Amino acid sequence: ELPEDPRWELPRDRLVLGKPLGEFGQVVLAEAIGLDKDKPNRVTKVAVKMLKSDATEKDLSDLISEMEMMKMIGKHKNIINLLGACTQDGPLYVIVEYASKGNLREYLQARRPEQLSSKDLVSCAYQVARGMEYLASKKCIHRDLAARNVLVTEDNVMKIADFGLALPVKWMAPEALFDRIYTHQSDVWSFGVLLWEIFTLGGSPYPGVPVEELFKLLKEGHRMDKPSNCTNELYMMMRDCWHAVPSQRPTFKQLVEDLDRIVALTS
Ligand SMILES: CNC(=O)n1ccc2cc(Oc3ccnc(NC(=O)c4ccc(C5CCN(CCO)CC5)cc4)c3)c(OCCOC)cc21
Ligand SMILES: [Cl-]
């Protein structure tokens, strides 16, 4: 039996569950009635994460921990924000903001040659940087930053997902891969691969490279090549994110500052 929290508790009769959206815990589309108490007759489209039918006691503990983490972090434009929850007299439902256009990898893959400009791709990169600047300032390490874990809203807002949970190897920094040392600097390495994903329109990184070979290539100092539709300045930003010593990588503050200047100058 879970403790009630009046700040976040939505009644179950205010939540109409819809189609399944995604299958590490089950997610469904839903409609919430009267979230903003200013307008109690308004319907809001929401994503509702829950446990699977064959879920353990440890899975419940993780999903509770995930909910409590999201309360502490607070609201930002470029993250999947908590909107409410159903904890009492039924299954745990963690209600969050709905992102109608899916994850960023599929969004880009679908829109390969409506078309997206150069300015749209750098804007997309800036919003992911701005959202990670926030999560870093709230002391939250992602551990798994990628285009699959960025969602896209109806109004083209990039929202970071699956942040701070208690193949992925191609996004991990060497220190994270070898020693399991996850830091804010290892999330920058992962952001570098996320840039490479954006400017390849959802490309698969290190293609035809097995797991055993990828350990050696990074140790020896090999990196991914420049994309075709991509400037030199933006590739230097990728290469700086992929610096071997973690202290020498840029911060998300610097990346936000650099990307803000680039979006302004791009057409
Ligand atoms: C730290 N904890 C958290 O961050 N989280 C807590 C709860 C939680 C819930 C999450 O699920 C959500 C949230 C918001 N939106 C979604 N959207 C979709 O799945 C979606 C996917 C694909 C389509 C496509 C449908 C078909 N057409 C085709 C053209 O018409 C193209 C769009 C449309 C929609 C899922 C989540 O996202 C990551 C995992 O997703 C399974 C992170 C979460
Ligand atoms: Cl609420």
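Along the sequence shown, residues carry numbers from 1. No hydrogens, no waters, no symmetry mates; every other heavy atom, side chains included, goes into these values. Structure method, as recorded: X-ray crystallography, 2.8 Å. Each ligand, and each atom within it, is numbered from 1 in the order the structure gives.
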Asker: From the list anamorelin, reserpine, tasurgratinib, efonidipine, give the drug seen at ligand 1.
Answerer: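 That's tasurgratinib.
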Asker: Could you peek at this structure and say which chain has the most contacts with tasurgratinib (ligand 1)? A name from the PDB entry would do.
Answerer: Fibroblast growth factor receptor 1
Asker: Hey, could you check which of the UniProt active-site residues of chain A sits nearest tasurgratinib (ligand 1)? Heavy-atom distance to 1 Å would be great.
Answerer: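 Going by UniProt and non-hydrogen distances, it's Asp144, 10 Å.
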Asker: By UniProt annotation, which domain of chain A has the most residues touching tasurgratinib (ligand 1)?
Answerer: Protein kinase
Asker: Identify the binding-site residues of tasurgratinib (ligand 1) at 4.0 Å, heavy atoms only.
Answerer: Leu21, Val27, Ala47, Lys49, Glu66, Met70, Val96, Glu97, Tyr98, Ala99, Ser100, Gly102, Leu151, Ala161, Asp162, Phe163
